[PDB]
Undergrad: 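Got a structure for you, questions after.
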2 protein chains.
Amino acid sequence: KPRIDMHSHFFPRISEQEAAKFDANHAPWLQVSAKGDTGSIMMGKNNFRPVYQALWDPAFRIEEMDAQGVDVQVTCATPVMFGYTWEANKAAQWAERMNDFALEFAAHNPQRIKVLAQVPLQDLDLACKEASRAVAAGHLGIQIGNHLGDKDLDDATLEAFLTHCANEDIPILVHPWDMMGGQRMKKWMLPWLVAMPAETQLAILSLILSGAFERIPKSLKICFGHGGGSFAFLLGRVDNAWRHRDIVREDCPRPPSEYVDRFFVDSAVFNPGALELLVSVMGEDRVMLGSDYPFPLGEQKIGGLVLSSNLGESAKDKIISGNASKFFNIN
Amino acid sequence: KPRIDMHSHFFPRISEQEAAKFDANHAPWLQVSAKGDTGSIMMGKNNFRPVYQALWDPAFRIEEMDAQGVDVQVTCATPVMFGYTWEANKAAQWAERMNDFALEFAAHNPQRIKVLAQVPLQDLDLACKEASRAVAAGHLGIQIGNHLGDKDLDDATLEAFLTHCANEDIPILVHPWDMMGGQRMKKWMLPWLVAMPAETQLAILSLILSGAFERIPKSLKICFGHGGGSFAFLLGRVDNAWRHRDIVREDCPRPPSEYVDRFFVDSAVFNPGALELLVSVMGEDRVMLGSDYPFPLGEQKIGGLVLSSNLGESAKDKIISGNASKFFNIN
Ligand SMILES: O=C(O)c1cc(-c2ccc(F)cc2F)ccc1O
Ligand SMILES: [Zn+2]
């Protein structure tokens with residue numbers, strides 16, 4: 001019974017240039033002190049997010065994992081690195097460099113630090129090419145943002161990407177990014193509190209109600225972050241609309257709630273009643289412990305909510321380790 | 001045990017000429033078909049939306065209330081009537097006209113049909129004086145939309161309006177409308193399944209995280225539709241951000257979940273487990289039966305989810321009737 005944290009992020013140790021050989025204004029880089037504990041992600045010479053040392057330092061992170069009791073942590077790019085709005089070839093070179101950084105990071109201890117890759121998702125060919133390349137090099141899967149502008153997961157290019165990954169047994173973690181709401185949610189981190197769970201819910205519903213799950217091979221292993229946003233709580237309203245409105249059944253021939261056997265979520269819902277509902281909707285085999293480490297909006301005592309819950313011990317063990325080791329092929 | 005449905009809408013018998021008194025191009029009017037069972041909302045000469053008889057005909061609505069077992073229904077404007085983007089004086093005159101149409105609609109059976117008023121929310125002084133005028137004239141409260149373009153409920157103008165209504169014991173219903181993310185949600189009722197719960201959550205959180213609930217007198221009676229949207233499920237994630245980031249705390253001087261004593265929600269969450277969670281979060285005193293009627297009835301039952309639940313019979317009575325009688329002052 002290891003403990004696997006399958007939701008965490010890292011940021012590479014990349015110079016101001018290097019980073020400017022791709023873009024001054026938009027390719028991010030890492031500015032670090034001599035004090036060492038402190039650093040910032042820089043865009044050009046702007047700032048952006050001060051960052052904790054465990055975001056970039058694998059040795060420092062291993063100490064934190066020991067204190068938290070985490071045996072293995074899956075980690076992957078922070079969304080600022082995605083580069084989805086870039087010229088496709090530049091973005092594919094970026095992705096390759098980023099995925100090499102990730103393996104370098106995990107090389108500090110590959111038995112305990114696993115990595116997921118990013119892909120140049122705005123170009124299907126380059127995206128599939130990089131997915132297979134990165135997995136052949138030791139990534140256990142791919143992490144993508146959930147949409148490309150107005151194209152959600154039901155978009156043909158995105159469905160085709162999931163189908164490539166399914167056909168090569170490449171697991172997918174879907175992360176919300178580029179949040180809806182435009183000019184509205186500008187204070188108190190409302191984007192993270194409102195738009196992000198809606199982004200994830202939209203991604204799941206897009207796959208379900210478009211019939212995408214009818215087209216995508218059952219072999220796809222896909223997991224959505226942050227418990228799947230509000231998906232589980234709003235499922236009853238979805239199922240009701242499907243039963244009583246033929247326009248909700250136009251492309252989806254089964255009740256939406258039956259498609260929970262096609263994806264996974266992590267457990268980061270931050271509430272005991274929420275977790276129980278979530279497990280009740282997804283089943284104990286489809287929730288995996290994830291923490292959003294090392295970000296402040298993550299779970300501070302990793303696995304605290306699952307271990308202190310009232311679920312059976314078989315359930316707890318699946319969530320903290322059994323499911324993710326099967327999902328990602330970890331021993 | 002008067003079964004009360006406190007969440008429903010209507011649209012009046014507005015002729016083209018009546019609407020041309022305000023805006024020949026943008027004031028909506030109702031073109032009832034010659035057969036009388038369907039109609040169109042119109043703007044000028046253009047067809048805007050097809051509508052069903054129950055929307056405009058109070059006598060037919062009584063028929064459906066009887067079939068459904070609803071003894072009293074609270075109704076108020078459908079959002080196309082709001083007029084928030086209009087010049088302020090025109091919008092105030094329109095609001096008074098609409099609020100008169102509502103009283104005329106309720107006059108068909110005022111024991112069983114109660115109404116709430118609309119206000120020209122784009123002008124503080126005009127909005128509060130119409131609020132007082134309409135409540136004196138017989139309205140039991142106000143229904144506002146949840147946002148005015150990019151201005152959410154934390155906007156000073158809107159906070160001030162709620163304070164006015166708190167101070168005069170004018171209850172308030174918040175109806176989500178003009179949904180975010182529209183260019184992405186054009187099939188399968190996604191605006192109502194995804195954007196609408198988010199809109200409601202955003203409205204609750206904008207009052208909390210801005211500290212508006214701290215400055216708004218506790219006398220305010222305010223209710224959010226559709227169970228509060230995803231608010232109750234995502235509250236843990238909100239608390240775990242308030243704990244851990246200063247900027248989530250800058251204007252909210254207590255943990256967000258402590259404000260669940262400051263508002264109400266209707267019971268529309270379409271799922272027993274989701275309802276239990278909702279009552280667990282809000283308490284049996286702050287959930288009110290509300291259906292968003294008119295909708296095609298079919299096999300569905302207003303209040304069926306609540307009555308068939310496992311809550312205390314005492315709790316059901318509060319949800320079915322007790323809470324709305326106290327909230328709106330009905331006997
Ligand atoms: O505490 C914060 O400010 C915070 C920040 C992030 C975050 C940081 C950097 C980045 F490129 C993207 C992010 F979502 C993610 C979560 C979070 O809580
Ligand atoms: Zn994350």
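Chain letters run A, B, ... following the sequence lines, proteins first and then strands; every chain starts at 1. Determination method: X-ray crystallography, 2.2 Å. When a ligand or atom number is given, it counts from 1 through the structure's own listing order.
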Undergrad: Of the candidates triclosan, diflunisal, benzyl benzoate, melatonin, which is the one found at ligand 1?
TA: diflunisal
Undergrad: Looking at this structure, what macromolecule is in contact with diflunisal the most, according to the PDB entry?
TA: 2-amino-3-carboxymuconate 6-semialdehyde decarboxylase
Undergrad: What other chains come closer than 4.0 Å to diflunisal by at least one heavy atom?
TA: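 Heavy atoms that close belong to A, B.
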Undergrad: Please check if a non-hydrogen protein atom sits closer than 4.0 Å to atom 16 (C) of diflunisal.
TA: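 It does: a protein heavy atom is found less than 4.0 Å away from atom 16 (C) of diflunisal.
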Undergrad: Would A:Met81 count as a contact residue for diflunisal, given that I'm defining contact as a non-hydrogen atom of the residue lying under 4.0 Å from a ligand atom?
TA: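 Contact absent.
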Undergrad: Does A:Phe11 come within less than 4.0 Å of diflunisal, judged by its heavy atoms?
TA: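 The answer is no, since A:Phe11 has no heavy atom less than 4.0 Å from diflunisal.
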Undergrad: For A:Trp192, counting its heavy atoms only, list the atoms of diflunisal lying under 4.0 Å from any of them.
TA: 14 (F), 15 (C), 16 (C)
Undergrad: I'd like to check whether B:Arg245 has a polar contact with diflunisal, where a contact means an N/O of the residue lying under 3.5 Å from an N/O of the ligand.
TA: yes
Undergrad: Can you confirm, on distance only, whether diflunisal has an N/O atom lying under 3.5 Å from any N/O atom belonging to A:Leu297?
TA: yes
Undergrad: Is atom 9 (C) of diflunisal in close reach of the protein, with a heavy atom under 4.0 Å away?
TA: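 Within 4.0 Å of atom 9 (C) of diflunisal, protein heavy atoms are found.
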Undergrad: Are any of the heavy atoms in A:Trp177 under 4.0 Å away from diflunisal?
TA: no
Undergrad: Below 3.5 angstrom, do we get any N/O pair linking A:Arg49 and diflunisal?
TA: yes
Undergrad: What atoms of diflunisal come closer than 4.0 angstrom to any heavy atom of A:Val80?
TA: 11 (F)
Undergrad: Which residues would you count as binding diflunisal, with heavy atoms within 4.0 Å?
TA: A:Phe48, A:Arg49, A:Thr78, A:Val80, A:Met189, A:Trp192, A:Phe295, A:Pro296, A:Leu297, B:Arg245
